[PDB]
Amino acid sequence: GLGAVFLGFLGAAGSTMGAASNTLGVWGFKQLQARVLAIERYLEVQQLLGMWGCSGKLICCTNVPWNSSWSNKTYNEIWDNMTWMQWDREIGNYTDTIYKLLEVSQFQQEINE
Amino acid sequence: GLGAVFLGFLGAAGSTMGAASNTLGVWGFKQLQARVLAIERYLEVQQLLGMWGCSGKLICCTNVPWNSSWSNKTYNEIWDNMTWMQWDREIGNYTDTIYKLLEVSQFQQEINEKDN
Amino acid sequence: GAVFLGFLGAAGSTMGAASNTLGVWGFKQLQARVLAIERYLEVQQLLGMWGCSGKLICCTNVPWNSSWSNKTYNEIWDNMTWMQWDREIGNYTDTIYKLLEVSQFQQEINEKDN
Amino acid sequence: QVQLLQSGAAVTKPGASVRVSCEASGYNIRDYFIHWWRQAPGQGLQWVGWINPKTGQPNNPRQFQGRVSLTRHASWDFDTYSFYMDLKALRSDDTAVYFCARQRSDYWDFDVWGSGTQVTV
Amino acid sequence: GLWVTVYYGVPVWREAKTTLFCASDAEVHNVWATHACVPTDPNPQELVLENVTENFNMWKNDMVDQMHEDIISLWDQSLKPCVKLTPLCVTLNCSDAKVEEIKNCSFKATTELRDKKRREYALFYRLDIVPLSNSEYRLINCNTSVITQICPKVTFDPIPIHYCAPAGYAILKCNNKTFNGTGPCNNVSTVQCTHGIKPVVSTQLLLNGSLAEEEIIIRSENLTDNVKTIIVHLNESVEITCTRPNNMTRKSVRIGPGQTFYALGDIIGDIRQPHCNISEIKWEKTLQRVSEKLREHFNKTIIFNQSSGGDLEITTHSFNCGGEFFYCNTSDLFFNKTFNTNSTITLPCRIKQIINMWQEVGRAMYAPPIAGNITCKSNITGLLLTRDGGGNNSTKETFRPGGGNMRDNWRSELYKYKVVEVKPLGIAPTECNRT
Amino acid sequence: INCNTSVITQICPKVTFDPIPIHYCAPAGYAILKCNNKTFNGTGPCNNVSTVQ
Amino acid sequence: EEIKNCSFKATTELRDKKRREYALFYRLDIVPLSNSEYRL
Amino acid sequence: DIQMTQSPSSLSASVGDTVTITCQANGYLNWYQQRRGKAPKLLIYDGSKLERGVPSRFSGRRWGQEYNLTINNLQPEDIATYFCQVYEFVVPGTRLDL
Ligand SMILES: *[C@@H]1O[C@H](CO)[C@@H](O[C@@H]2O[C@H](CO)[C@@H](O[C@@H]3O[C@H](CO[C@H]4O[C@H](CO[C@H]5O[C@H](CO)[C@@H](O)[C@H](O)[C@@H]5O)[C@@H](O)[C@H](O[C@H]5O[C@H](CO)[C@@H](O)[C@H](O)[C@@H]5O)[C@@H]4O)[C@@H](O)[C@H](O[C@H]4O[C@H](CO)[C@@H](O)[C@H](O)[C@@H]4O)[C@@H]3O)[C@H](O)[C@H]2NC(C)=O)[C@H](O)[C@H]1NC(C)=O
Ligand SMILES: *[C@@H]1O[C@H](CO)[C@@H](O[C@@H]2O[C@H](CO)[C@@H](O[C@@H]3O[C@H](CO)[C@@H](O)[C@H](O)[C@@H]3O)[C@H](O)[C@H]2NC(C)=O)[C@H](O)[C@H]1NC(C)=O
Ligand SMILES: *[C@@H]1O[C@H](CO)[C@@H](O[C@@H]2O[C@H](CO)[C@@H](O)[C@H](O)[C@H]2NC(C)=O)[C@H](O)[C@H]1NC(C)=O
Ligand SMILES: *[C@@H]1O[C@H](CO)[C@@H](O[C@@H]2O[C@H](CO)[C@@H](O)[C@H](O)[C@H]2NC(C)=O)[C@H](O)[C@H]1NC(C)=O
Ligand SMILES: *[C@@H]1O[C@H](CO)[C@@H](O)[C@H](O)[C@H]1NC(C)=O
Ligand SMILES: *[C@@H]1O[C@H](CO)[C@@H](O)[C@H](O)[C@H]1NC(C)=O
Ligand SMILES: *[C@@H]1O[C@H](CO)[C@@H](O)[C@H](O)[C@H]1NC(C)=O
Ligand SMILES: *[C@@H]1O[C@H](CO)[C@@H](O)[C@H](O)[C@H]1NC(C)=O
Ligand SMILES: *[C@@H]1O[C@H](CO)[C@@H](O)[C@H](O)[C@H]1NC(C)=O
Ligand SMILES: *[C@@H]1O[C@H](CO)[C@@H](O)[C@H](O)[C@H]1NC(C)=O
Ligand SMILES: *[C@@H]1O[C@H](CO)[C@@H](O)[C@H](O)[C@H]1NC(C)=O
Ligand SMILES: *[C@@H]1O[C@H](CO)[C@@H](O)[C@H](O)[C@H]1NC(C)=O
Ligand SMILES: *[C@@H]1O[C@H](CO)[C@@H](O)[C@H](O)[C@H]1NC(C)=O
Ligand SMILES: *[C@@H]1O[C@H](CO)[C@@H](O)[C@H](O)[C@H]1NC(C)=O
Ligand SMILES: *[C@@H]1O[C@H](CO)[C@@H](O)[C@H](O)[C@H]1NC(C)=O
Ligand SMILES: *[C@@H]1O[C@H](CO)[C@@H](O)[C@H](O)[C@H]1NC(C)=O
Ligand SMILES: *[C@@H]1O[C@H](CO)[C@@H](O)[C@H](O)[C@H]1NC(C)=O
Ligand SMILES: *[C@@H]1O[C@H](CO)[C@@H](O)[C@H](O)[C@H]1NC(C)=O
Ligand SMILES: *[C@@H]1O[C@H](CO)[C@@H](O)[C@H](O)[C@H]1NC(C)=O
Ligand SMILES: *[C@@H]1O[C@H](CO)[C@@H](O)[C@H](O)[C@H]1NC(C)=O
Ligand SMILES: *[C@@H]1O[C@H](CO)[C@@H](O)[C@H](O)[C@H]1NC(C)=O
Ligand SMILES: *[C@@H]1O[C@H](CO)[C@@H](O)[C@H](O)[C@H]1NC(C)=O
Ligand SMILES: *[C@@H]1O[C@H](CO)[C@@H](O)[C@H](O)[C@H]1NC(C)=O
Ligand SMILES: *[C@@H]1O[C@H](CO)[C@@H](O)[C@H](O)[C@H]1NC(C)=O
Ligand SMILES: *[C@@H]1O[C@H](CO)[C@@H](O)[C@H](O)[C@H]1NC(C)=O
Ligand SMILES: *[C@@H]1O[C@H](CO)[C@@H](O)[C@H](O)[C@H]1NC(C)=O
Ligand SMILES: *[C@@H]1O[C@H](CO)[C@@H](O)[C@H](O)[C@H]1NC(C)=O
Ligand SMILES: *[C@@H]1O[C@H](CO)[C@@H](O)[C@H](O)[C@H]1NC(C)=O
Ligand SMILES: *[C@@H]1O[C@H](CO)[C@@H](O)[C@H](O)[C@H]1NC(C)=O
Ligand SMILES: *[C@@H]1O[C@H](CO)[C@@H](O)[C@H](O)[C@H]1NC(C)=O
Ligand SMILES: *[C@@H]1O[C@H](CO)[C@@H](O)[C@H](O)[C@H]1NC(C)=O
Ligand SMILES: *[C@@H]1O[C@H](CO)[C@@H](O)[C@H](O)[C@H]1NC(C)=O
């Protein structure tokens, strides 16, 4: 709901990958429409996180490895040379594929017990 | 939010309980009502789970004993011959009673860890 | 909605005892639904960022400085109810919220590098 | 359902035409159908047909088809709807009294009836 | 058991009613206001349930009721902006048309210069104007309701619209293939988002629309009852196409400040009476196939006879052809046709300008004319009939085409649907006993 | 001047048409980027961009 | 002096034509113009 | 082709007793009473439900394809020609007694 929490993420947007971790009328209907859009946006992040096993966790850890087709790079270049902006486009094409395999990873964990 | 996942639960509806686990204008005002109606339903399910001690876990167990008054059938028969639908019809009267008993269990469980 | 009314039960009881125990119609209702739903998430928004995301009673690692208050534990949960507690700290609630928020982030980082 | 008054008695020679009028004011006439019944002396009720107040669509038995014609003429206000029933050919067995009824729901039941209009030949 | 566990995301549903929103597929405003409809999905989901059987009835279905209410609102919204033709009811001195169907004349009306009167000539159809008394006429519907002309910009073309359920809700449909109107169907598939539906308006022969497969489905609330209409659904598309050979000419007439009234203008070219033609051999056998289906449902011999009569809107087949509203006999198709070449059946008929559609209390509407001849094809995929019976009949059970309430048109295309609420919370017995 | 092509409407006497500063303010979950390049026309990249809610 | 019956004319079906009509109004519903004249 | 029959065709019973009339018919059945020369009035619809304005002591029951109408403790003005009303089929009734 509150937009301040969203603002803080934008801070240090240009900072390196590693540095980020270290650091009735017209008015009333548009406001209602924006308010409904604002609340809907928040649940989209929560809905995806909830189904991946992320329950109020800033950082998560799953049990799915990488496919060689996505990218072939090691830790040091990724986390000390690139930034979230250009880095995202490298994996962005595979964002939808990763989502599908991530949900099943959490689902198959629950059936084990 | 998205309704596509909700329809995903409906798959294998006829399968048994055991088998299921293994597997300005009218156009714009009606839409707004649907969005407000749709979002409330998602939170209503979450609200019940949040106060049951379950935070989105798909399969979640508890410690409340099952009172024989509501029902007493062998476990294998329920999950091998019955379907999810027939379960609601017979327990549907007693769902409210079951829901209330769950609430006290979570409240008692959390308080116990405090006093220890 | 009834859950909110449940909190008001035993309002006057002490803190220790309480724990132990198209038209006019259609738009005004629509506004209320969007107002009520937002209020629910405002409470839930703060809870999630603090690490306690649904527990009835949370448990935190922020020390109680003498600045905000100074009184014995026995004379807190035995003589006054929750209503009087707010006035003594209500002015400084912003400070606790910010300080408690950063604690969750610091704890998370300490867990990651572990 | 205040009233369903009908026309008065009339006598017509064979080969003539007879007009019977039925008026309804109280209830909403555009929501409930209207039926016409006949009863000759020493015999039970008989069916003549029904007319839909919304659209003037009649429906009559085979025997009365081509003879009876049901018409509806609403007043200027949407009240006091007038229902008419006209027949062209007469027979010696047409001596009867015609009523005005009303269908309430899917259950073919009638609670308001007109006084009657005896017609002879 | 002796220990409770809660399951999230289980297949449980119960009947409920909920508002639904529109969706459109793929510059000019539409009466349906489809510009606000969200784009349709590229490939809608068609999940199928295998071992579940459900029963539902279209007559008690609320989906048709919601459609009827909103369609009325759309037309109410459409006619709000553009002007209303109040200042045209005067002593219309009309004698005859130089070119008993078309009348040419002028009405004495003033635009400005309060103490001045100037005449303007306009052409109206004979049925449009009713006699006032000799050689004096008056606009038909302005002693009952105010006439408002349709906005010229909008168009009447019916394009498919999908009523798409909200999130957390499902729509159940079954293709039983000989699916009965009411009763349980054992092959139900859950579709999140419905398919295209064309808001067509008709009175006797349903046109355009979807068809069936290897069946002639007959649906009605109750066969025995007479008031209940019979909806026939045909698997064979009997094409119906016709035009208006006459040539119009648009003309604008002032009625007030910033208000314009478009009249029929001048007639150019020889007068040719409008008509519609239908294949003979194709239609003759089409009714015979329908007759065979009705024979077993009733066991008696069947005869088709024309409509008894009534208002012009129910006793004549009506539809929209490029902004022109037609009203045609269809009397040669259902006359003396007892069922036990290149010939074509022509159905001459005329046009009406002021239409009393959406039958309600005190509300009229005027359709502006269109220049040039118009051609429109169409498919006949269902007949609306009202059985005429008094019983005690040696066979001879006569069937008369008619009409009925507008919702009957859409019930033939919504006959397999049920919007249903989903409850994904489940409680079952298990020996977990949470640690 | 205008009655044969439009309809004239009086402005309500009570309202005041004087301009008053207003803020076009984004909702939650969205941000507005403005860059304070001292000399910069409408088009082109700008390297000093600040996020203002 | 409590209810007044009287005649007037106003709009009708056709704008050009006129029709004289009568209605009964209460004494305090109407006010005099001045003799034998009133208005709502 | 809904059918119905009236077996007795003639009814007689002294006042103060219990008398019944039956109409075996398919579909919905409605019962009416007709004075001499006046229009009928509705007693019950759907076979059991009671119409407003009909005095008590008039009730009906349904058993399979047969319909029961119970008339008890007769008092004056109750004499009537009772008939069963199917959609568009009415059979002659029977004057009760006096
Ligand atoms: C179009 O409109 C028409 C007109 O309404 C409509 O016709 C209905 O059709 C249905 C289905 O055919 C009818 O319902 C049936 O009724 C049967 C008769 O029930 C009465 O009699 C019971 C006593 O048993 C009789 O019948 C048996 C068997 O024939 C016979 O051996 C006995 O000797 C005796 O004669 C009696 O108990 C019953 O009362 C119960 O039910 C009523 C509700 O009907 C309830 O109010 C009572 O409290 C009581 O519970 C009634 O008086 C019935 O036998 C039959 O049962 C079948 O279905 C059930 C479903 O579970 C099966 O379990 C059972 O084994 C049978 O297979 C069925 O219920 C209905 O009566 C017709 N309408 C009227 C007015 O009569 C059409 O359906 C309409 N069409 C459409 C498309 O809408
Ligand atoms: C049943 O389907 C037929 C086939 O689509 C429909 O006929 C179509 O009707 C529209 C009405 O506007 C026609 O649009 C017109 O096209 C001409 C030529 O492009 C244009 O000049 C007009 O301004 C108008 O846009 C369309 O051409 C026509 N389809 C054809 C001729 O193939 C019919 O309308 C459907 N049934 C019903 C009841 O609408
Ligand atoms: C539409 O359905 C009808 C039946 O309702 C079909 O008519 C039959 O078609 C079969 C096809 O092999 C013939 O053998 C029969 O003689 C036809 N008549 C009857 C009474 O069955 C008709 O063919 C179907 N049309 C389409 C296009 O599917
Ligand atoms: C509709 O079909 C009828 C068939 O009866 C057509 O009428 C014929 O049209 C041709 C056109 O050259 C004439 O030569 C014939 O003399 C007409 N015959 C009759 C009986 O009218 C009609 O033209 C068709 N109309 C459309 C628009 O297709
Ligand atoms: C995580 O690490 C542990 C310890 O090396 C290992 O046993 C386990 O298999 C790892 N997880 C997966 C999914 O491989
Ligand atoms: C990796 O991606 C390639 C294509 O990019 C695909 O053929 C292969 O199956 C994928 N393997 C895994 C394990 O995802
Ligand atoms: C993603 O796929 C599209 C497919 O056309 C391609 O053009 C684009 O270059 C791909 N992204 C990257 C980063 O290569
Ligand atoms: C439906 O029942 C059949 C027969 O037992 C079975 O083979 C099939 O798997 C069942 N369907 C599902 C979805 O389990
Ligand atoms: C629980 O079961 C006992 C005995 O079967 C019964 O007395 C009691 O009423 C039941 N309580 C509930 C809430 O079902
Ligand atoms: C639930 O209550 C309804 C109330 O009408 C009753 O008909 C039904 O038999 C009850 N079922 C159970 C299992 O108690
Ligand atoms: C209310 O006050 C009385 C004494 O005045 C006390 O006995 C009682 O326990 C109090 N109730 C609550 C709920 O605090
Ligand atoms: C406690 O409050 C005092 C009051 O100013 C302040 O000086 C001190 O730094 C605070 N200490 C902590 C640990 O918050
Ligand atoms: C809280 O702040 C208000 C406003 O500054 C002030 O009037 C009041 O005295 C303060 N209360 C305490 C306990 O500091
Ligand atoms: C309007 O006038 C016509 C012709 O005089 C008449 O037939 C019609 O009934 C009038 N309207 C109403 C609502 O009566
Ligand atoms: C109508 O116009 C004709 C013009 O030929 C005129 O002769 C006739 O008197 C007019 N009638 C009227 C104004 O009633
Ligand atoms: C359709 O439903 C009827 C109901 O009697 C059934 O007999 C038929 O088999 C069903 N169709 C299919 C293809 O199963
Ligand atoms: C559908 O089923 C009902 C109930 O059996 C039956 O009365 C009806 O006739 C069926 N539909 C058709 C078209 O026969
Ligand atoms: C149920 O309908 C679907 C629709 O395509 C069809 O594929 C399927 O074969 C049907 N079920 C049966 C048993 O025929
Ligand atoms: C019908 O309209 C078409 C459209 O251009 C035109 O070519 C044709 O000549 C017209 N025919 C008649 C008879 O008006
Ligand atoms: C229609 O009548 C008017 C009457 O003045 C006449 O001037 C005109 O020529 C006639 N024809 C047309 C097409 O308007
Ligand atoms: C109607 O039913 C009778 C009796 O079964 C039968 O003899 C006759 O052939 C049937 N007529 C049809 C099906 O047209
Ligand atoms: C059809 O109706 C006409 C007149 O309405 C009649 O003459 C003819 O006999 C009817 N057809 C039959 C009874 O087959
Ligand atoms: C057309 O319909 C009218 C009445 O609607 C009728 O009088 C006329 O005879 C019909 N046309 C033919 C050719 O029978
Ligand atoms: C009606 O159809 C029958 C069927 O043979 C025929 O004998 C009769 O002449 C027809 N009558 C008319 C008026 O078409
Ligand atoms: C006739 O209609 C056509 C329709 O396209 C139009 O182009 C033409 O101008 C009209 N007039 C004549 C004389 O053809
Ligand atoms: C009408 O039927 C024809 C026959 O195949 C079909 O091509 C056409 O698409 C149908 N009309 C519509 C609007 O789909
Ligand atoms: C009318 O009913 C009587 C009595 O059952 C019967 O004899 C007669 O045949 C019936 N009429 C016809 C045309 O069948
Ligand atoms: C819970 O179940 C486990 C096995 O699933 C069993 O070992 C344990 O004793 C159970 N706990 C209780 C309290 O019964
Ligand atoms: C303004 O933009 C120019 C490029 O057009 C750039 O060289 C200059 O450094 C910018 N101003 C500041 C203060 O950075
Ligand atoms: C960007 O603009 C801010 C505005 O206050 C200024 O303080 C800062 O020095 C600027 N940075 C650059 C690199 O121009
Ligand atoms: C009322 O005044 C009118 C005058 O128009 C007169 O005709 C009438 O008789 C008076 N009385 C009543 C009761 O209307
Ligand atoms: C009810 O009707 C049945 C069947 O006709 C009959 O046997 C029985 O005597 C009747 N009972 C009463 C009380 O009317």
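So you know, we letter chains A, B, ... as the sequences are listed, proteins then strands, and number each from 1. As a textbook-style caveat: the illustration shows part of the entry, and contacts are counted within that part alone. The figures here come from the full heavy-atom set of this structure, side chains too, leaving out hydrogens, waters and symmetry mates.
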List the drug name given for chains D and H. 3BNC117
By the name used in the PDB entry, which chain has the largest number of heavy-atom pairs within 4.5 Å of 3BNC117? Envelope glycoprotein gp120
What other chains come closer than 4.5 Å to 3BNC117 by at least one heavy atom? E
If you count heavy-atom pairs under 4.5 Å between chain E and each chain of 3BNC117, which chain comes out on top? chain D
Name assigned in entry, chain H: 3BNC117 Light Chain
